[PDB]
Each structure stands twice: as structure tokens, then as C-alpha cells.
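The following structure holds tacrine.
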Amino acid sequence: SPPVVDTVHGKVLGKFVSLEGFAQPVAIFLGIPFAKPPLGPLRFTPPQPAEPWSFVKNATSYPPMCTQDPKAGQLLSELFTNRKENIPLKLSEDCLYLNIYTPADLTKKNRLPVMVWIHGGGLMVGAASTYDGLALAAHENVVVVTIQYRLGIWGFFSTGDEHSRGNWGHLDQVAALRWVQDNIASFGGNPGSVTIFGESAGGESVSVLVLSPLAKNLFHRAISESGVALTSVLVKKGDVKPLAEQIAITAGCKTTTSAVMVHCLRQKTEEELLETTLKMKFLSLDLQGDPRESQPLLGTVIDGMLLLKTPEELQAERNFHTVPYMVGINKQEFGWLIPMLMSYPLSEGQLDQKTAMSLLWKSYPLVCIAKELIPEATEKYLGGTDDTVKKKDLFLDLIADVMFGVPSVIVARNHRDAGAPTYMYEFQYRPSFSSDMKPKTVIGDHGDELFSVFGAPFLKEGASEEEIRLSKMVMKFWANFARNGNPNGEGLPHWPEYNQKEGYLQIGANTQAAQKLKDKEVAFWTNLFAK
Amino acid sequence: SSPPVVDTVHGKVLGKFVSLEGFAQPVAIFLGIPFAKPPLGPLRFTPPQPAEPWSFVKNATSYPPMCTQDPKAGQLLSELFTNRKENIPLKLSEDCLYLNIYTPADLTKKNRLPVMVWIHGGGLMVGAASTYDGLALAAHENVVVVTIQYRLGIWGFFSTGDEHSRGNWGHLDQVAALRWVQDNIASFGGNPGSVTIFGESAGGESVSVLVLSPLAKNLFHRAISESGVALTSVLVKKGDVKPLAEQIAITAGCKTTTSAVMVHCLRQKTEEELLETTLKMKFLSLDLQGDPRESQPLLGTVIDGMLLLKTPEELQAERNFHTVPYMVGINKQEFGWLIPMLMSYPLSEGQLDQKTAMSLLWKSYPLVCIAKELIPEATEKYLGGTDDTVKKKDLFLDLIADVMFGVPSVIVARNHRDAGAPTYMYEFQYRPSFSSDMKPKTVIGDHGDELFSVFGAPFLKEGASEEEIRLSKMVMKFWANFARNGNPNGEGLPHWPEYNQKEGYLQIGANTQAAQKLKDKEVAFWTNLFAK
Amino acid sequence: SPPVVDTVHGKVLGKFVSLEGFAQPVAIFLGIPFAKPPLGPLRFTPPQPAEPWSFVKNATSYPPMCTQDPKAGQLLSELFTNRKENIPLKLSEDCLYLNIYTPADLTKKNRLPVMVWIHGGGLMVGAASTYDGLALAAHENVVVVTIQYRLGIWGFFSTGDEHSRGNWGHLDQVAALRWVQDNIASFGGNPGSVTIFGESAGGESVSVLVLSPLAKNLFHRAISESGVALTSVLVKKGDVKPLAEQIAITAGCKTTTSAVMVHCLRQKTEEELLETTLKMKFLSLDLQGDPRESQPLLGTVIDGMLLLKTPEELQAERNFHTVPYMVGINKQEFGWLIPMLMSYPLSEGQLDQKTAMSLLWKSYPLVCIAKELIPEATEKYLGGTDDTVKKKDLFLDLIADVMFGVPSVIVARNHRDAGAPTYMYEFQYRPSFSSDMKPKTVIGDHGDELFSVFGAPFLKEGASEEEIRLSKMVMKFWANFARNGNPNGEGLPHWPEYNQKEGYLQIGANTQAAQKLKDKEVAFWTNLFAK
Ligand SMILES: *[C@@H]1O[C@H](CO)[C@@H](O[C@H]2O[C@H](CO)[C@@H](O)[C@H](O)[C@H]2NC(C)=O)[C@H](O)[C@H]1NC(C)=O
Ligand SMILES: CC(=O)N[C@H]1[C@H]([C@H](O)[C@H](O)CO)O[C@@](O)(C(=O)O)C[C@@H]1O
Ligand SMILES: Nc1c2c(nc3ccccc13)CCCC2
Ligand SMILES: Nc1c2c(nc3ccccc13)CCCC2
Ligand SMILES: Nc1c2c(nc3ccccc13)CCCC2
Ligand SMILES: *[C@@H]1O[C@H](CO)[C@@H](O)[C@H](O)[C@H]1NC(C)=O
Ligand SMILES: *[C@@H]1O[C@H](CO)[C@@H](O)[C@H](O)[C@H]1NC(C)=O
């Protein structure tokens, strides 16, 4: 009969789902509320605990995804899902739910490691239901939890002061982790061993939680995939008041004071805030006016609750409570996916430096390179050869290194020097699940590792023995890390720890260890930004 | 100093004098003259009506607003296509049926200069007349330049397929502006007996549409279509238009019970709600999700029974159209950069394998209409010649350009010629210094590049080489000679052969010379392919 | 291939439908517009000519029915339709359409008689699509046309002055008759021979058209089935201003002036006017307050365009169209359907005079019998027996006679005395198509003749031979009347003309002639109301 688990707030009914090659059916619970719906006065406020229910709550239907651009959200889900057919999702402000995939025999007593997944999507789009934890759970014997949190205006609107601090979405992630602590034992998970992992904005969220005192003791291991707190495009520094006013004005609100803007925005309907979102044209590279004034995403701010100061300052603090941390990147972070989703103005296979400099300046919101420095940056990367074809490839490497490569290594180095176990990787592989619109030459594009991590080869059809093995290896590395804070194990290539030798693992068709990931790039960019 | 005051049928207008270096007679410029009644309220989705007469003098010296459209796309396109020094920021408004006049004539005396009426492009969804400054062309060639505006998007082309909302309101506005020219241009030193209509892209398709429409009879005497004709499928809705109409009404929160209900409901919506609906439909952007055959890139021309009695193809099969001198042209790389960029094509890698190419070509259905079964043959034909992946990408862009512009342009020219009318063709291949900085140096003759020569950008903007200056002078000469005689030829200019059975055409660029049989093989390949 | 006809405003495409045993198929055209949609500023104004269309208009789907109580309209359509299955109809203010059923060979030239049907429904509900003309058209070789007209508030709102005269629905009826004159020949119809017929409110409409100068030359024969201009409830006499104001107030409008009330009601959405309609509780007997103040329906008024004076004044003046006129009633007009639809308070097979008197006073809006006269009226109908079962039956008769019986005979008499051919009938048969909720004892209830007139026995599945025989005879009489202004013909029982002998036909399983229909009832009520 259907699995029924008892949680703090009430009973929940899930369903059993078997996976070829496993005798123990996985118990799946969809749409479990971990907080009170952020509706009405609750919009733009920290999450409150869910209210208890009387009988058995049916947890067998996908929850709606947080309000976001429905077309961009659906496209993204289609490109990222590990399941056979993408699941159409409904939109709603009532989205603070989480899905659980437990391989534990609930009739007995278990304490399996827990892996909490934080999806990406620039903090503007995305959903938990996009990711099916069936394969990872069944193959690695771990409890997989996929959570949701407020996005866009709903999750990050900030006036820069106490009337709307911001980071609601991040507070939601924290609320989910607190929920896991109080309830995961009932699903056969060990609250004493929770690993948080995510990619892109999800990786940046994990990185933020790692530096936050609010998340202390809510997790014991962390994994950031293609995204950290130093990925400047997701973190807003300085005064955020101007942005708040641009949003309120576009929404048809007065900007008399912070309290007035917030109060007015709380009165707007979901559709009105969604229409405001579309007018702001987020997720897109603005090619008009001054690049310095364009804000393609609404993200993390230094609110004073979640983050006491900038991530750059919080890293140097060699004494906070640490946890094993794995930080990785993909070979071509800006190879296709991101540029495509941002309508990046690149269509020619040949790029000249004059144009490169123009594009880089227009890319200010993503790279933050002062106009006076564009020449140096461009010359450093493109002055290499006289092949304009190779020049555009190097240009894509430049964006990638600034957005993910250098930030990741800098975070890893600081985590290491803080005395905590650190691991790094570089993923280079072109999955068969890639979009038909993605050139075959792109290898290790943003998000390419997700298919291996969530066992797509075991849910989706068609996959070479090589792709299947790669997924088994990756899931093993990730689950081993979940269990012991060390990815190593028998039958797996050796993954050196990221110490002073800066060893890291190159993951792909052929997997081996290497040293000094992005060494020269970090040196160059650190000196450039120093100016 | 003393501003020029002209007497129009509806009242007096006051303009301003502007001097262009190299000419004694200052050009009299009149901005924002209304040629129709503001299409507000119950007038939305109906034919344009005559402007109301006014007393005293109407000050015509401020740019009029551009018709309601995506403000970000509208403004960006304006910056990319303007020929003046600084782009003029424009206001949005449903009250947009205005035109600007640039007359080089001496209004104190009598003048009958040839008149050139410009119709801007922008997929019938965006654009403005003010983007194009007629000062240079007017002074340099002694012609009266008129830039007109017309309703765009929902306001200009919403159609229910029946009598409740036939559609083509934007084209009816173009007709009304031409009618205003006939009745008023003489007062500005123009000759209503010699009116030339020219436009680029959607503007070119409009010109082509006017050539095939009974409503435009005796309104123009010469025509020029630049990069766009009535056979550019994407702009001409063929088949049942009801589905698109219902989808627009639904998005606007309207019931679809009957056509009259849809129309009545949309008429009650505010300008902002319709603009929000427009932004939600996400027009002029490649939809990468779902079935490509359901994507609706834009709202456009329909066979309404008033403007167009039947499809363009049928109208030309039978020589049923205005046999005025016609110049049809294209640029070397129509889909080179500007359009793929504005439509958000996924070409960040700049390279492309055949499998990826067939995938995008299929997603490009709304633009090219190539059945999935035919994609392999179409792709093999263009990319199979080389193994280089970057080159393949270049050939892929040529393939899309040939289908949207190249082939349609030649087919139209041939039908116009075979109808015994004077026909001319050209292929523009040059990269202006006024190109966007984000546009690589390898893109030459991209969509819109010829506009800078036609409107004398080298004489209004700065940094033009002597070669570019010489090109613009030659092009304006050709265009104005054509406007004057229906033949572009003149002393001092390369010989431009007429597009007859020999199919001669002019290659315009750094090197300007006559050639023959433009896109001959391509027309043959595609005419056969589309026949299954 | 499909039938394509050329009409003044353009081409229309219909469809061929064959009837078992008929060689030539019937051409059917559904939803042809005969006027411009009465939307926006056209609400509460006379109908305007329809705009022409350019190609071929597809007229093969049923048009919507004019806005009205959706629950009530659907129920009524289901009870009256002659089709095998009732068609669900959509609501819309855009409802000025008509359906055509022509048995003619369109490839030739035909001049078949035309019968224009005006549906009933108290001028508050109803639809043309409820009535299928296939059978009547094929069996009698006549062109059948079913029309629609504005209903309720949209069709009859009147301020009592020039700012909103009222009777928009009747003007819509005139517009359709005008369209028939200009276009019917194209459908094989003869504009020189048009017969208008309807039942209930449609019967009253036909009666009003006979008295209106606006309809001269639009028809040549008329048939009123259970309803005439003397059926008081459908005709507003006196000052209509108070009702106008009550509707305005219910809709949230000010009543400062007529123009202000009209202008305000024009800005209301269809839904708002429908909600106002529901709050008014039309088509329902009000059991609260003074019976004299309740208005169960919005109807005809003496506007000065359609009607220049009350029917009574126009009859005395002998000022009207002297076309052949057939006027009939059913045995039990208030037998079940109407009392049921009005939520009439009667659930006992027995009724005492005291209760009867209270009910009759409550029925004021339907009968207009002053309270001081209630005793005499009641004593005259019930006082003859002690059987309280027979008393309630007699109570229903009294309502029926006052609403239909007497008014019909008086109208027949005035028409006869005006020198025009007149015929009367009394229908007494219980169709097998009656509702399952209608007691078997009710015979000749309101609307029962409709199934015979429209040939339900030929469209519905398996009707008894007796019922089939009755319908063939009725359609025969109706069609002979249509072509000759005299129903008589070969093989049909003799139907005497309604002259000084006052002969009329008793239609039923046994059809025979009789004399002096409701003669004593008319004498009684005429004397009573004269007080
Ligand atoms: C005319 O309209 C009808 C109804 O819209 C079309 O009929 C087809 O679709 C209807 C259901 O959506 C059905 O009622 C019809 O039975 C169905 N069959 C056909 C094709 O007749 C019809 O195609 C239209 N014809 C024209 C000339 O457009
Ligand atoms: C919306 C509108 O009508 N603006 C018009 C303005 C106003 O008339 C003036 O600013 C006076 O208010 O001036 C013009 O006519 C003009 O000078 O050419 C252009 C423009 O169309
Ligand atoms: N996944 C995305 C990320 C970023 N931008 C994006 C923009 C559009 C769609 C997806 C995105 C910025 C860096 C973090 C990841
Ligand atoms: N997106 C388009 C633009 C232009 N023409 C177009 C023609 C067809 C389809 C899309 C188009 C002209 C310049 C502005 C952009
Ligand atoms: N009140 C009346 C109702 C109906 N018809 C009527 C016909 C005439 C006069 C009053 C009527 C049909 C059913 C609903 C009520
Ligand atoms: C739970 O809901 C699902 C549909 O989402 C349904 O299949 C199932 O019957 C429900 N369980 C119970 C017992 O309500
Ligand atoms: C005409 O309009 C211009 C622009 O606003 C203004 O500067 C000028 O004073 C006006 N002249 C007249 C005639 O009012």
C-alpha cells in the first residue's frame, strides 16, 4: 500500500516507484509544504512555518513553480530535466514546497545521508520538479530532497533597508533546511548528515548559505556546481535603492519612501508583478544606453541578516564554522546555453578585437569590467593568435573565466586556507541529451554535468556505455562526498584534495587528476581588478 | 530666419529652415503634420478618417510620437537605422498618424519637384518616420522627401478574417498618407503628378503591396522596394487568420465567442493593456519551444478584400497590378547579423554542423515555411558543399536570406517585367562605418546597410571616408533620377541596365558595375522544392 | 458540394441535410446576420443594417443566444426543442442572427412560401436554434426562417421617453422581416408570401407586429400560438419610469435623469447587466410585499414608434394589418410548465378558496385582478364544487383564461370584426416528448403544440403512429394557411373560419370543429374588469 509518513505538522501520503535493477521501491513525496504560503502581507517578508493539517495530506502531485516568466521557465526546465518527458508546471506565489525521494525501507529505522538540491535559473526562473531524484536515490542509497524558493521580485526585491531587506528566496532555502532538520528522520534520513548542492544560481545559493550564520548547523557538506558567491552577476553591491525605485515605478507605484514602495507593491496582483517583470526584461542583455545601469537579474544583497558583509570580506574571516566543500566548473561555461538564453549578440564565427571590446563593455552587468580596462582584458585573451575564429572561442573563455572560473578557484582557495576539506573539478563532456540546437563542438557547456549527477541515462532513453558509466561515476563521487565529506572510494579514479598543490579532478570520457586549475587566469584577473 | 508658413487644405502650418553645408537654399522642414484623424477609441481597428481642419497656424516643428510598439525594440532599431548624428528619443502613442516633410524648394516661388514618400520598416511591429532625416537627400537631389507613419502591430493589423475586423489598417494609413500627398504636396513645392514610394523591409513589402492594390491607383508613379516584397511570406498571412486573432484576444483577457465580441472587447482595452498583450505575445523573436508551425512571429498583411482582393501570387499570375516603373533590390547578406540578432537566434558559437542546421531551419518555419520533410534537401543543398563548420553557418544564413528576400525579390521583378513594366534590380554589397560597434567587420551588406547611402548619412553624421561619401552621392543620384524619370540612369553614373529578359542588375558597393541573372539558380532550386 | 447563396451583403455557405424518404435534400444556413451587433453605443438603440463581407461567410454553426439567465434558457430550450438532442448554446449580446431551412432547388428559380418563427420565453429567454425547421420545410415545401431578437434588459429597457423608448427586441423582429424581404428570394423563398408565427412571447410579438405601422408589407399571414397583445403581463401600461429606476439602482447607477440612467447602463459590462437581471429575479413570482409592485418580466411598452397607442385602443380603431390571422390556445395553458418555471407556490392536490384567494392576489402581476375583485373571481371558478382537488384544477384554469384564453378570443373577435379572415383552435394533446417531471394528467400544457407544428415526431426517435399522424396534419394546416390564408385542404378535417358563428378547431387525437370558444369566460371577465 501507499507510503504514509508522520511529520511534525501532520501525516503525508506518497507513492512507491520502482527503478529497473533495484528491489527496494523508492518512496516519493511531491509537494510537501515547508512554510506558510507567502501571500498578501507575507509577500516581501521572511518565511513563516507551515500550519499543521488534520488528516493525511496527499503528496502525489507536482507543486506549482514560483511565479516567473512562463516561457523562459518552461524552456529552461526542458533543457535541464533528467526525465524522459518534461513535466508542464503551473505558476503560483504558493510555491514553498519540497519533493522527497527516499530509498529507505520506511517500515524499519534508517539514517541515510540527505542531499538537498537547490536548482538554478538566475534566481529568476526554475523549479524543483524539473529534477527527478529517483536514480540518484536508488543508485546511491541517499535521501534526495529538491526544494523551491521565491524567485525574481518575489524573492529578491530589496529597498536596501529594514522595510524590505531582501534575500527572501535565500531565507526560504534556510527554512527548508530547518524543515529537513526537524522532519527528515521520518523519511529515513539522517538530520546529522545533510549535504546541500546546487548549480548556477543554485551553486551561488549554496555558496551564500556556506557564508551565512543563519544556516549554521543546518548542513554538513556543500557542493557548488558552476556558481559561487563571487559570481558578481548574482550579487548586488552598493546602493540597491535605485533599482527598487525603477521596479516600483514600472509597477506604477510612488517612490516617496521605502515603506511606501513596499506597501504599494504588496497591493499588486501576481499578474501585475509578472507584467512588471516582463517590462524590466530580465534575463536579457540590454544593448541600449549605459551597460553599467542594466540589471538583468534581481539577486543577493547584503541585507544584514543572511549576509553580514560582502562575500569577499566574509571569506577572509579565517575562523567561522567550516564544512567539507566541493566547488566545480564546466569546460565551456559560456559555450551556448547562457548566451542563448540571454539573447547575447554573437552570430559570427569570426570576431575582431574592436567588436570584442564593444561586446565586453555591453557585457558589463555580467563581467563588471570597467571601460578603461576592456582593452587589457581583450588583448590578454584575444591578442594570442591572429585567427579571428579562435578569437571568438577565446572571447567565450574570457566571459566564462570572469563569471565562473576565477570566482570558483578564489572561493576554493579561501575555503582551503580556512582549514576545511576542499575539492575541485572541471567537467568536460557533451551529453547526448543536449539540445538539438546546440553545436556538436560545444563540450562541457553550462549545466552539462547535471545529466550525470541526476542519472538521466537511467531515466531517459538512448545513451552510450560511456555516458552511462560517467553518470554512475559522478553519482558515486557525489554520494561518497555526502557520506564522508570525501568523494573517493574503491573503483573510482583518485580525486586529490584541493590543498596547496591545488590538485583537482578533470571529469569526462577520460577522468584524471590535474593541478593548478585556472592559475594564470586568477593572477591576471586579480591584478586587473586591483587597479 | 523667418520660419516658412504653408497653407494646407486643412489649415496653415509653420515649419523651420535648416541649412546643409554646400547648399545656398535652406531646406524647409515640417515635422508632425497630421494626415488623418487620431485612431482613438471607436476608431481603433477601422479605416483612417480625414484630419479635422484647424484655425490659425499649427506649429509643425516637434517630432511626432511613434505608433505604440515595444519601446525597447522600437528605440533600439531607431538607433541602428537613423542617419542623423544623435538618435532622437521618441514618445509612444496611439495618436501617431503624422508625416514629416523635407522640401528644398523655395516656397516663395512655384515649384513642381519630384516627390519621394518613404515608408519605414520594422516588421510592421515597430519603427518610426522620425528615425529617417530627409535633409540630405532633399538638398542634394532637389526632391521633396516625405516620411510617413502608419499603425503597427495589433493596432495596425489585428484581423478577425471577416467584416468585423478585416485588417490591414496600417496599409490603409499608407494609402491615406499618399492621398494627403496628392491633395497637399503642391503647397510644399511638390508635384502630385510625380510621386515615388520607397521603403525597406516591411516598408518594402508595403510598397509591393501598394503596387498590387486597387486602393492605391493613381497615388504614385514610381516604386522602390528595398530588401522586402509582398512575396516575403512572413509578412503576408495566408490561410485562416482566426486562430491568431483568438490567441491575441485570450492573451488580452477577452472572450472569443464571436468576431464582433473579440473586436468590441479589444476596443475597450487601454493602450497599455494592448501593449502588455503585445509584450506577452513576444513578437519578432524566434520561439524555441513547442511546435514551430504554431509560432506567430508577428501580425501582418492579410487578404482582406478591400486592400488586396486575392493573394499576391494570384494577383501577379494574372497581370493585375500597377505597371509603374519598379526598382526591386536586396543586400548581399540580408540575414547576416541585424535580423538574427533582433530575433534572438541561438548562434553564439558562430559555427554549425548539418544536424544543428536542420534543427534551426525547422525552428525557422515561421520565417521560411520549409516542411520538415524538405529540410534535409534544403540544408544539403547549401551546406553540403563544405566541411568547415563556420562556413556552414555562413551558408545557413545565405539560405535563410534567399528564402525571405533573394528569391521573392527576383520572382516579383520577373513578374513585373513580364507585365511590360520598366523594372530595375540591384544587389547592395557594402559595410557602412555607421554600423553598430557590436557588428563584426566580416558582415558586409547586412539588412539595412543601404539605408545609410540612400539617406545621405555621410553628410549628417561624422567619420565617413571619401569612398563612403562618394557612394552615398551616387546612390541618391540613382534613386532621385529614378524618381524623376522612372529610369535611374544619368550622366556621371555607372550604367544601370534595365531588368529585361537578359536579367541585368546593378551591383552597388565599393565597385559598382552591371551584372546579370541575380539569384537565377536559387530561384530554380526553391521554386522546385516548394512544389514538393 | 455545399450550397452557396448570394445575398445582398455577400455570399453564404450552408449545408445539405437529407431526410429519410426524401429525394431532394434541405439546404440549411445557420447564423446569418440580419443586423449590426448591438454592442457598445448600440445598446438600447434600434437595430442597424449589417455590414457587407468580402468572400464566402461560413454559416454552418449555431449562433449564440442573446444574453439571458443561462440556467433558465437552457432548461427551456431542452423542454421545447424538436431535435433528438438539445444543442448547448453560448450567450452573447452579439445575437442578431437567423437560421434558414429551404427545401427548394437553389440551382433553379423558386418562390416557395416563407414561414418566419418568433420563439417564446417571456421576452427574457429563448433562442432560434432550439427549433429545427428541417421537417416542416421538407414535408410542406416551405422556407422556414427562425429569428432571434434582443431579450430582457437589452431588448426592452425603457425610460418611458426619447432617451430609451424601449421595444428594441420588437424592432429587431421588424429588421429580420425586412431582411427576409430583401434576401429570401435568393433562398427560393417568395417575399410576396411571408407568414409570421410564434408561441407565447413570440405569439404576443406576432400580435404586436399586426398592430404596428412599422411592419406593413413585411408579412401576409400571421399565427399567434398561446399569446397575444392582450396578454397583459407582457405589456407595460402606465408609467414605466419606476421600473427603469429600480433597474438602474440595482445596476449601481444614479437616477438623476433618463439620459443619465441610459448612459450609465451602456457602460456596464454584459456580465454586470446579467448579474442585475439575476438580482431582479425575473421569471419568478415574488411572495413578498405588495404583489402590485413586482415585475416578473420586462416587456413591450407604448413607445411611439412600434406602437402608437395601447392594443385596446388600436383594436377599437380597427387600425391594423388586415391579413389572415390564426389565433389559438392550448387546453391547459397554466397546467405545469409556466407554474414550474415561475416557482409558483403549489404542491398540494387540494386547494381551499381562502388559499386560492391569497394565491390569486399574489398572482397580480400575471392576472391584474384587484384585491376587492378576488372573491368574485374565485367564487365563480371554485365555488361550484367542494372537491378541493377539482378546485385547484379550476384555479389553474382561471389563470389560463385570464392570461391566454380570454385575451386570444377578444383579439380574434376584433380581427374578425375588422373584416379580415380569422381562425382559432384549441390544442389538446399530451406529447410523449413532455418532461419526466410533468404528471401524466396534464394535457395540452403551454407549448405542447410546438412538437406537432415543428415535426418533432420526424426528428426525435420513435414517436407513436398517433403522434406522427397529428404532426403531419398540423404542419399541413399551418402550411396551407401559409400559402392560402386558409388552412383547409384535401384530406384534412374541415376547419371553419372564425366568423359570427365563432367556429374553431379542437386539435388532438380526435380533431373536430366546434363553436363559441371561451364564450362565457369572456363575458364574465369583461364584466368583472369593467368594474
Ligand atoms: C465551415 O465551418 C464548419 C464549422 O466550424 C467547419 O466544419 C468542421 O468543423 C466543425 C467542428 O469544429 C464541425 O461541425 C464540422 O462537421 C466539421 N466538418 C467539416 C469540415 O465540415 C467547416 O470545415 C467550415 N468550412 C469552410 C468552408 O470553411
Ligand atoms: C501629438 C501631437 O499632435 N503632436 C504634434 C505636435 C503638437 O501639435 C505641438 O507640440 C503642439 O502641442 O507638433 C507637430 O504637429 C509638429 O509641430 O509638427 C508634430 C506632432 O504630431
Ligand atoms: N542559469 C542562468 C545564470 C545566469 N543568467 C541566466 C540568464 C538567463 C537564463 C539562465 C541563466 C547568470 C549566472 C548564474 C547562472
Ligand atoms: N525583425 C525584422 C526587422 C526588419 N524586417 C523584418 C522582415 C521580416 C521578418 C522580421 C523582420 C527590418 C528592420 C527591423 C527588424
Ligand atoms: N410568464 C410567462 C412565461 C412564459 N410564457 C409566457 C407567454 C405569455 C405571457 C406570459 C408568459 C414561458 C415560461 C416562463 C414564463
Ligand atoms: C491522491 O491524489 C492522486 C492524484 O493526484 C490520486 O491518484 C489518489 O487517489 C489520491 N489519494 C487519495 C487516497 O486521496
Ligand atoms: C513653435 O514650436 C517651437 C517648439 O516648441 C517653439 O520653440 C516655438 O516658440 C513655436 N513658435 C510659435 C509660432 O509658437
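The lettering of chains (A, B, ...) simply tracks the order of the sequence lines. Following the PDB entry, chain A residues are numbered 6022-6361, 6363-6553, in order. Throughout, chain B uses the PDB entry numbering, with the displayed residues spanning 1021-1361, 1363-1553 in order. Residues 3022-3361, 3363-3553, in that order, are what chain C shows, numbered as in the PDB entry. Heads up: this isn't the whole entry, just a piece of it, and contacts are only counted within that piece. Just follow the structure's listing: the first ligand is 1, and inside any ligand the first atom is 1.
Copies included, the model assigns tacrine to ligands 3, 4 and 5.
Tallying contacts with tacrine (ligand 3), the largest count belongs to the chain named in UniProt as Liver carboxylesterase 1.
Every other chain with a heavy atom under 4.0 Å from tacrine (ligand 3) is named here: A. The single protein non-hydrogen atom nearest to atom 7 (C) of tacrine (ligand 3) is A/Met6364 CG, 3.5 Å, given as residue, atom name and distance.
Interface atoms of tacrine (ligand 3) facing A/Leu6255, defined by a heavy-atom separation under 4.0 Å, are 14 (C). Shortest contact from atom 4 (C) of tacrine (ligand 3) to any protein heavy atom: A/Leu6318 CD1, 4.3 Å. Here the protein heavy atom with the shortest distance to atom 11 (C) of tacrine (ligand 3) is A/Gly6143 N, 4.4 Å. In the vicinity of A/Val6254, heavy-atom distances shorter than 4.0 Å reach the tacrine (ligand 3) atoms 12 (C), 13 (C). Summary of contacts: the protein heavy atom closest to atom 10 (C) of tacrine (ligand 3) is A/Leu6363 CD1, 3.8 Å. By the 3.5 Å distance cut-off applied to N or O atoms, A/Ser6221 is counted among the residues near tacrine (ligand 3).
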May I have a table of the N/O to N/O pairs between tacrine (ligand 3) and the protein that fall below 3.5 Å, each row giving the two atom names and the distance to 0.1 Å?
| residue | atom | partner | partner atom | Å |
| --- | --- | --- | --- | --- |
| tacrine (ligand 3) | 1 (N) | A/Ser6221 | OG | 3.3 |

